[PDB]
Structure formats: C-alpha cells, structure tokens
Undergrad: 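Structure: Tubulin beta-2B chain in complex with dolastatin 10.
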Amino acid sequence: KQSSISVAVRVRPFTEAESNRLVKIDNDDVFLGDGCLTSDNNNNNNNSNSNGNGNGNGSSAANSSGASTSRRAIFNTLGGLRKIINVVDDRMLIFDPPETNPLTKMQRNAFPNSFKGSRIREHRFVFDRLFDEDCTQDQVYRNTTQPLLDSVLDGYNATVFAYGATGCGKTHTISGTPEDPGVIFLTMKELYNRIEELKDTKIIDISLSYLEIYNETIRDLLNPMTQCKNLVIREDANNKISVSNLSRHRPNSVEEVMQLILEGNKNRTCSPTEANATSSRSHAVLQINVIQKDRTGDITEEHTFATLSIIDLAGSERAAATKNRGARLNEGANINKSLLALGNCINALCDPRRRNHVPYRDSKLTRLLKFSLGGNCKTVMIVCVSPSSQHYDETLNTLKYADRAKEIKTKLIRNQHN
Amino acid sequence: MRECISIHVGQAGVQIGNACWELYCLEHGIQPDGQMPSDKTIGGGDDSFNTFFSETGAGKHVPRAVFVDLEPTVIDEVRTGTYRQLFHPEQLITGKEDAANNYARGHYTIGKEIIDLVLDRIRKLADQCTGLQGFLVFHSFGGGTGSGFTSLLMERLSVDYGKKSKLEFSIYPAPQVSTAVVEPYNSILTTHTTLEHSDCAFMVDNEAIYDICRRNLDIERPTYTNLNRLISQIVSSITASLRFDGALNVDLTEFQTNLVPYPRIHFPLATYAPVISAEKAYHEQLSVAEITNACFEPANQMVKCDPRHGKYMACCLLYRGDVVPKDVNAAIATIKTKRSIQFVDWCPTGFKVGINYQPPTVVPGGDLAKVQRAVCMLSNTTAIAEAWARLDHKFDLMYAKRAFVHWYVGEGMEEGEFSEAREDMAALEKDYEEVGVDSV
Amino acid sequence: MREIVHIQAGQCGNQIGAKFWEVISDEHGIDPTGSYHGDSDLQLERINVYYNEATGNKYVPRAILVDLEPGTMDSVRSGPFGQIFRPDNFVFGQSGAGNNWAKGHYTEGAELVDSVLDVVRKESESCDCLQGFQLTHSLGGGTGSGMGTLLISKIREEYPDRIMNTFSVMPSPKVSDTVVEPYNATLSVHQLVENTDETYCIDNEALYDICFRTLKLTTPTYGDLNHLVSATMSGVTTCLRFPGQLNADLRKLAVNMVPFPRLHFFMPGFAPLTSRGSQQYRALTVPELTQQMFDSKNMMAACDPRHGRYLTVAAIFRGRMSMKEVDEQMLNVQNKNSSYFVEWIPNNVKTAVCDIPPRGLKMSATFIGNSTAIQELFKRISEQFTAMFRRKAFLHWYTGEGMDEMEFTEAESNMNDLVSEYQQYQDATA
Ligand SMILES: CC[C@H](C)[C@@H]([C@@H](CC(=O)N1CCC[C@H]1[C@H](OC)[C@@H](C)C(=O)N[C@@H](Cc1ccccc1)c1nccs1)OC)N(C)C(=O)[C@@H](NC(=O)[C@H](C(C)C)N(C)C)C(C)C
Ligand SMILES: Nc1nc2c(ncn2[C@@H]2O[C@H](COP(=O)(O)OP(=O)(O)OP(=O)(O)O)[C@@H](O)[C@H]2O)c(=O)[nH]1
Ligand SMILES: Nc1ncnc2c1ncn2[C@@H]1O[C@H](COP(=O)(O)OP(=O)(O)NP(=O)(O)O)[C@@H](O)[C@H]1O
Ligand SMILES: Nc1nc2c(ncn2[C@@H]2O[C@H](COP(=O)(O)OP(=O)(O)O)[C@@H](O)[C@H]2O)c(=O)[nH]1
Ligand SMILES: [Mg+2]
C-alpha cells in the first residue's frame, strides 16, 4: 500500500519580446551555422549580415563572445538560446546541451582552458512525465490530475502545488486568466459532471476554502474585513491544523462558485508597474472538501471523506532589477524565507537519518504543508521553469529542487470506516 | 599624466589607508599641514610625485581619495585625527546604520542609500584627472561594508567609466583575530562577485602578517597598529613604482602584463624581507645576494602555503634604496641554481626585475629599522589554491546544516546564490589544479 | 550613536530595572540628580547608547516603567535611583490584574497598550536610529507575561527591521509556589519563540541553588537574588555602551549567536560570586577564572553543560589585565576537551577585553554561551505541564476569559518540537 510523490515539469513558451531576439540569432546558427557548418570553402564563418541587419556595413559594433559567433552589437544583453532546456521525449531530458556550439567542440582534448564546464554538467534527469512548449491546458490536465481526481472521489486525499521562479507562469498554469482557464476550472467542471453521472446512486457535497500567506500572516480572500491579527494557526491534540475563523463557504451551482473564485482572486496584491501585471506577490491555498453519502439504504455503506489542495507559490525574486528596494525587497524577502523553509523541509525529509526531526515548525507555509508532504495524501508537483539562457541559474536551482523530493514515502489507507 | 585614484571601503580599508597616507605624506616631504619645501621653487606641474597629490591656489596638496565606511566612528576618528587639514572636508559621513557583519545587508538594503553620492564624489575627483589611469580599492573579504559595498561600487564605476584598470587590496581572514563566524560566507560571495571584474587582487593574509610580526618583530600580542604599519609597508613598496621616474623604474602597470595569464587566475603572493626590529638591527648590514635569497624562504610569505612542493608560474622582483646593477645579475644567477625552484612547463621567461632609487622610510616612533636594501616579490603559483581549499572546507562544514543562511536570505537574497558561488570557487580551484598539468 | 529604548514591565522587571540602571549609572559615573562625575573619559564615549541628553547637562535615562498596580510606582519613585526619570516615563492603570494571564493579555492590556505604544513612538521620534528595543519581564504573573508579550507582538509589526531583546526570569517551584505558573510559562514562551531573536534564559532554580549552596545565606531575600541577575545582565550588556572590537550593536550579537531563528536561548554565567554590601574576595588569576567559568556550578540555568554540547561561547573580560594572559589557557581548554564543542561550526570560541571594571570588584568576566544542553530546562517544564493537563484542571480560570483549549495543546506541541530540535544536534556531527 506504499505510494510515491510524482513530478511533472512545464516549459514556458517564448514571449514575444524575447521571441524576436530568438528569431534574430538562434535560427541561422542552428540550421546552417553551428548545427551543420560547411566545407573548407566557406568564405564567411559567422559575420554575415543576412540575418535581419544584425551588423552594420563595416566593422563589428561590439566585441564578440567567440569567433564572431554572437554579441554583434551593443544592446542590453545577448540573450540567445546558448544555454537552454531540451525536451527530446516524454520520459527524459538533458540540460546544458553538449556540442551546442563549435567552440565547445574545439574545447575538448585541447588545453584544459574553459574545460570541465559542460563535461561535469553531463547529467541526465529522469522524471515521470515531461511537457513541451506547445501544450495547452487540456493537455496538461489529461495526465496531471485525472488519475488524482479518480482517486479523490474514492476517498483518498490529494495535493498539487506550483513551483519555480518568477516569469514561468505559475498563476496562469494554476489560477488561469479571465479567458484562458486554469487547472481548478477544469477540475471543477469535471467534478460537477461526475456528480451528475453518479447522482441517484451516491450523493456528494463539496466545500470551498481559500487563504493567503501574505507577509507571513493569514488572510481569507473569500471574506475581507477579517484582520490578520485575529487569524492564527493553532492545533488539536490529534495532529490537525484547523485555522480559526475560516469563512468556509459552500457552493451550489457552477456559476456561483466560479464567480466567487473570481471575486476572491480580485483582491490579491500584485505588482502594477511592469508588463508582468500577473506577478503574484503572495502564496495561496485553495481547498476542496468532498463528502459522500450512500443511497442504497442497506449494508455496505461506504461513508467516505476526501479533500483536494491546490497551492500557488509566489516565486523567489533575486537582486536582478527589482528597484525601489526596501518595499519590494521586503515583500520579496518574506517569500524568500518561506521558500527557504520549504526547501530545508524537503532536504531534511528526503534523507534516511534526519527523518526523526523533519522540521515543519517553521515559517507559516512549511506548517500549512504539514499534511501535504509526509501525511496520507498523494501529491503531484507542477514546476514551471523558463528555458531561456537569460534565466539560467533560476532553471538550474529550480530543477535541482525538482530532482529532490522525488523519493518521498507516504502510507495511504483512505478515510473509509464502517 | 597617470593620476590613479585610491578608494578605501570599510574599517580595515580606512585604517590601512590612513597608515599609507601618513607614510606617503612623510616620504615626499609633505607636512601634515599641507605645504612642502620643494614647491617653494617648483610651485607645481606634472612631476613624478604629483601623480597622487594635486595642486591648489594656496599649494595645499590635497590627497586623491574618498573614505567610504558606513560606521561613522572610524571616519570621525580620522576627521578628529592628526590629518585634519590634509583631506578636504568631503569624507563620506554616514549618519545611518552599517552592514553589521552581513554581506547581504550592505549590498542590497543600505548600500543603495549612499551609492549615488559616492559616485558623485568619485566623479568629482576623476574629472580633475586629465589622464586617469586606474583605481586602487581597499577592502576585506570577511567584513561587512568591506565585503559588499566594494562589490557593488566596483560594478557601478566600471559600467560608468568603461574599461579602466582596477586594483584591489584584500585582507583574507584568520581565526586568531576573527570578529565573526560568517566570514567564510562573505568571502565566498564577494569572491564570486569580484572575480569577473577585478584585474588583479592581492592577498594580504592576516595570519601571516600576525605570525611574522610575532617571530621577526618580538612583540607577543601585537595590536592592530603593528599590523597596520607592516601592511602599509608592503603597500608602499608596491605603490612606489609610480611616484618616481628614475632609471630602471619599470612602471606598476607593466607588471600586470607578466602576472595574469587569464582573467580569473590573478591572485599572486607577496613577500618582503628587510623587516628587523629597531633595537636589534645594528651589528650587521645586509647584502643583495642574501636579501634576494631570503625572499624565497617559506617563512616570509604573506599567504600560508608551500611553493616548494607546487610550481612557479612567473616572478617579479622590485628593489628599493641603493642597489647597483652589477650585483643583481650575480644574485639572480646564484638563486637560479637552486633545484627546489621549478617553473611551469610553458614559460621559462625568468625573473623580471625593477629598481627604484629612493630609501624606504618609517614613521617616527615606529618599530621597523631603516634598512635601505628593501626587496619585494610578486609571483603567482599553484600553491595559493590550497588557501581557497581551506575556505571551501569550511563551506562543507557550515552548509550541510544550513547554519546562518536565514540572516542573508532575509535581506532580499535567494538561496540559489550560495551554491552558485560555491561552484564558482570550485571552478577556480580546478582551474588552478589543471594549469599545472604537463605539456605532453 | 545607535540608540536603545528600555521598556520594563512587571514588578520583578521593575525592580531588576531599578537595580540595573543604578549599576549602570555607577559604572559610568552618573549619580542621582543627573550629573557626570567619573575617573576617566572613556565614559562619555558611548553614553547615547542607553542614556539621553537633556538640558542643563542632565543625563536622564530613556526608559518606560510599565506597572499596573500603583504600589511599584511609589516603591521606585523614592527608591535608590528612581528619582530622575521624567514625569511621563511611567505608564500605569488602576488594577492589579492578578495571576490570570488572560486578564492582562486580552481585556486589560488593550486599554493601556495604546498609551505604551504612543510613548514608545514618542521616544523613537527624538533619536536618529534604533538598534532594537530591550525588555525586562518574567514568565510569571499575569501583568508582566501579558503586557510584555503584547508589546513585543505589536512593536514587532510596527518596526519589523529590528532585533528584539528580552530578559526572561524563568520561575521555578522553589522561588514561588503558585500552581498556575507552569501554564503561564508554557503559553508565554512560544509567544516569544517567534517574535524575538535574542533572549536570555535567566533561571530562578539555579539562582536559588547557588545562593543556598555556595553562598551560605539560609533566608535568600529578593534583595539578594537581584544582586546576581543585575550583575549578570550588566556583564552581558557591557559591550554596547563602551567602545570595543566585538559586538557593538544587537544585530551583531544575533548574527554571531543565532544559528537558526528558533534556537535563540542562552545560559549566561559568572566567574566570581558576590553578595550584597562591601564584602570582597581574594584576587583572581585568569587561568583560575577561565577554569571556573566552564563548570556547571556558576551556571544560571539548571541544565548541566557537561551532559550536552556548546554552539557559541562568546565571552567578555573586565578590568585591567595583559591581553596575552587570556589567549594561552583558553585554546588549551578548547583542546583538552575532547568533544564538548560542536565540530561542524568552525571557530566556535571568541573573546574580548574591556578596561573599566565592575563596581568594587576589580576583576570579573561574563559569557553568553549558547548551548544544546538547555533542553533540560524545557524538558522539565513539560513534566509540570503534562501532569496538570492530562486531568486538565485549572482550565476554568483561563477558559472563562476568551481563550480556547486548542492553544494549550499548541503550546505543548511547540515545546516538544523545540526540545526535539535541540536534541537532534546533540549527535548530528559534521
Ligand atoms: C525561597 C522562596 C522565596 C525567596 C520566599 C521569600 C520571598 C522574599 O524574600 N520576598 C517577596 C517580596 C518581598 C521579598 C522579601 O521578603 C522576605 C522582602 C523583605 C523584600 O525585601 N522585597 C523586595 C526586595 C528588596 C530588598 C531590599 C531593598 C529593596 C527591595 C522586593 N520588592 C519587589 C520585588 S521583591 O521569602 C523569604 N518566598 C516567596 C516564600 O513564599 C516563603 N518560602 C516558601 O513559601 C517556601 C518555598 C517558596 C521556598 N515554601 C515551600 C514553604 C518565605 C516566606 C520563606
Ligand atoms: N589586517 C588587518 N585586518 C583588519 C584590520 N581591521 C579590521 N580587519 C579585519 O576586518 C574584519 C572585520 O570586519 P571589517 O572588514 O572590518 O568590516 P567593517 O569595516 O568593520 O564593516 P562592518 O563589518 O559592517 O562593521 C576582521 O576579521 C579583521 O580581520 C586591520 O587593521 N588590519
Ligand atoms: N504556458 C504559457 N502559455 C501562455 N502564456 C504563458 C505561459 N506561461 C507563462 N505565460 C505568460 O507569461 C507571463 C507571466 O506569467 P505570470 O502569471 O506572471 O507568472 P507568475 O509566476 O504566476 N507571476 P509571479 O507571481 O511573479 O511568479 C504572462 O503574460 C503569461 O500569460
Ligand atoms: N528572580 C526573581 N524573580 C522574581 C522576583 N520577583 C518576582 N519574581 C517572579 O515573578 C513572579 C511574580 O510575577 P509578578 O511580576 O509579581 O506579577 P504581578 O504581581 O501581576 O505584577 C513570581 O512567580 C516569581 O517567580 C525577583 O525579585 N527576582
Ligand atoms: Mg564596519
């Protein structure tokens, strides 16, 4: 009856502003430059201006990275796809692609100059499921949570949490947009349809809960005017984490629940300055509690409970940009401390010796995730990692965390009685 | 002509800078009250020694430096010190908090409050330099403001002023006089930020300075005054190749070409062997054939290492006082016969030499004898990598348990910085290891 | 010029304050009536860290007296030193608030915490910086453990970019025998594990044991149990108000002795032991002093350091003495001890020296040694909280004021987790 947390990755599609920079540079190099090269007769190696006027009619405007391969003129940065992710299939990926440029090819067996950079980084990451740049919401839904929701109505609990740094589309992946749905909308529609299909044999009821962890406090977006000072975490004598003064509304129709979710999501604080107006500046936990009641009116009454948790995590913001420090830096630093607590909990839990402690009593988020990691529920991760070479160390750190937490053990026995 | 600019960031920087400015002000006959005797005739111009100082209407030679420290205590001490009239009243008084033993606090939170004024004052000083050559910054790895404010100001000034030669003088920490336990974290992070923007960085080990001040000088528990004076002597020895224009005066800049193979491997050592106590210097006078052979002994280094077992990349000897060229050739030929000295297998280019005709000076009331035949070394090696390994060892013991990380994380820094810096320093160590491979 | 404002709440806190402030005024050569008279000019170097300038060369203290029952105000207003504090320094009500924690925390605290916060705002408006506020309370009666915790939980929100200092007098059955004390301590302790990162675990059990076993007094008065705590905390805070190489601002104290935000409980010690009055002892050799510091007899926490290990043992020495004397045996003490210092921390021990000695005694020392043997404190309180909560007696005095029954189990689980976390590092070598 043992289980195992599974993992799933998503790769952002290139946004338009950097898509132009991708198109200007990467295509020729991959197709008929670094990708294939030419005979001992190529009169020009890489300085050709037939790439959308990438160089002036004369001397190069800026220093080249190497052999006139890139950095052709003065801009904010090169920002090419020199270090990116490779989604070759749906069971394995390789990061830091080898032989991406010929400079790496000359950097072998030669003087140990820039050596041991990519050679040491020849690591193959074997996850459970992988996604491509081109998938839509239904594609991710069809294998991220459909078995999970097949499990949730049977009695098992379940949890999914987002991941990754800023700009990877966690809110769009989970919370959806006013037009493009998320993952919660599809799950709710399928839950309603399964309610109708299973009507007249078993009654089912659902309850909604929604909270945020802004500034390491607690707040409920379904009901403002409740001051954060009143809300605190407490605990019963049987390992329960019931927050006080939760609104705990109950829905009856699809329109009501979706309208209420939109009204709640209107209140979350976000950065309004840059074009990234979708910047979620606070964690968020949604919980759906499903309760069954048999209708046979005889033996074999499978009175069963279950719950499903959706979590959106604000990304970790590093010193890159983020001007007017203090304010933005404090709102970033509290999130950073929460993410550090999460990572420390993961690292402590995965080991076989430190298991006696497994520190959860930490910043608020690591406490609210107590049941999620090592409790009874099944879990599936959704980690959004950008592939662009600009966000390199973000990708490496996030994916290293993704490789972590793949070896968790959680006995599950359902909530059946009678 | 080639007017450098000196920057002192942090308490250690301000201390060493005050000592060095005292020494330079005394050497060139400049009174602490500004004036000097020679300019009564010359007045001013573009002599060799006018490179650092400047001219004015009254002739008061104002020093070319701005003192940076977030604690106003030491800045007040210098303002209330003996050099009241020399430094113009534009020291960067900080009426606010300080990094307080945290790189993250100095870099992001409070560093941006005053960086604009620092840039404004450094630009005011630079604009008077018609032929500005480079920047000599003074900082410490294990400190607070020293670790981070330098690592920010260097990037800001490099972006502002393009490609100018930048020199940094470092004080690598020791456990005997450590004021903290988070010193390794600051050192690794500021080396990660500093490695890709500093032309050459000099390691003035504090353990080595303390040990040499204990053995050669007979003081048992030397306070920071003795260490300041002894380090200021090395700084003056290296810097004295710019204020003068004598014959055989190989310029300070021309050393850089022979010292840095690649832009990451620019950590050389530094030795010095005229040091003898004031009351014991008599009854003997040293010869060049013994002085130059003394500098190669492991006991007189300034970073704890054993070059005998490793290998030598290059060498550079800089003499001072009165030495005739007839003796130096014989001395070099003598020391070349030593078997223990072994050069890299792709550069036998030999020992570059330079001589400057001026006797070394010590402040009145000091402790070092006025030995005229002073000699200084600047030679990279693969043995210096051992030093970094020591720091890496500490990082292995204070990162499996995540100790103290939250203090840096809470200032606005992610966790991913630390592993990135650690991998950077591991790459540095492996690069030093691999350069010593054979040419076969 | 990094200022501190000293807010003191509770009768015991008020008396410890009235003793410590007199001790400070004696060391810096300020007597009552507010004028300067001393035997060196190192005294005025960092006077603004604690005191404050006023007109006519009056160096009025900068501290607030929080006391609900007005008896303490009359006790201190004509006490030894308490005749210089400004008229508005005092904040008070017209009630005692009893031993009921909820009475001071919830219903009575809300009436006067506004005034206390207003006066704190006024004090913060006069200076130009603030390292972080310091508190002197006890995990005891209702007034202190309620109002101090409320002030912490509010001012933490109102000034989050600071480090909080709290002086905690943990009460034991010996010094007092009110049986609602374990509940009050166990609940008030986890309201400081979160909101403050620098606390000192002064113990009453160890204080009474030392004042009964080493000093031969048989009727230990509260005028002679304060003469250890006041001296110890003056030794603790010697660094801030004099120039020195070591920690000269709280953040440094925290950064040097806070490996994690949760494990910030110390166990201050004292090398000499002095009773009240003019009694004196033989001159102390430095090796004897350093040997005497380590052993458990001088510890002001009931735990035995020989059982566990240490993490940071930052120490301070007073008076005039050659520096090289201290660094000889100390390293040897670090060497002969096989395993009673944790390995995975590099360079544990650290030392400093100061010039002006304590009053009368011309040689002494202090240290702020954090330890992983402190668990025996909390592991004792759990045995005086589980017995009463298994039968769950005495609840109706707290439950009948606004608090639930969940919070008490929250406190118990919090203490168990803290004990386990401290226990884990005992055998978690490098
Ligand atoms: C060992 C336990 C306590 C030490 C003991 C002290 C308390 C005390 O001394 N107290 C409690 C307020 C009064 C103080 C002294 O009473 C003697 C008073 C004269 C004083 O001086 N109070 C001043 C201190 C002071 C001294 C000099 C100048 C100015 C001020 C204070 N102001 C404010 C706070 S304290 O009583 C001796 N206590 C609590 C007791 O209840 C009694 N002992 C027991 O009950 C024992 C236990 C507790 C062992 N039982 C098991 C049987 C005691 C009468 C033998
Ligand atoms: N060699 C040498 N080292 C010094 C001297 N003064 C300070 N240091 C070093 O400086 C370190 C202390 O941190 P600092 O670099 O001074 O940092 P800071 O300038 O005080 O700035 P903050 O840490 O924010 O207060 C110690 O570890 C010493 O090793 C000195 O005079 N000579
Ligand atoms: N898979 C995707 N398909 C389409 N657009 C996407 C996708 N992923 C990200 N985006 C877009 O990328 C931008 C950034 O998304 P955003 O919602 O801000 O990410 P976020 O991580 O949730 N915000 P933040 O709280 O700062 O981390 C938005 O304009 C999204 O529409
Ligand atoms: N060490 C020490 N502890 C004290 C002293 N006075 C009181 N205490 C402790 O503090 C508790 C009394 O709380 P108190 O402040 O008097 O509550 P209040 O009367 O409501 O203000 C007792 O349980 C004692 O253990 C003292 O002078 N020294
Ligand atoms: Mg400083």
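The sequence lines are taken in order and lettered A, B, and onward as chains. Numbering, chain A: per the PDB entry, residues 22-439 in sequence. For chain B, we keep the numbers from the PDB entry: what you see runs 1-440, in order. Chain C uses the PDB entry numbers throughout; the residues present, in order, are 1-430. Indexing begins at 1, ligand by ligand and atom by atom, following the structure's order.
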Undergrad: Locate dolastatin 10 in the structure and include all copies.
TA: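 All copies: ligand 1.
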Undergrad: I'd like to know the other chains touching dolastatin 10 at heavy-atom distances under 4.0 Å, if you can.
TA: C
Undergrad: Could you check the entry and tell me where chain C comes from?
TA: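 Going by the PDB entry, Sus scrofa.
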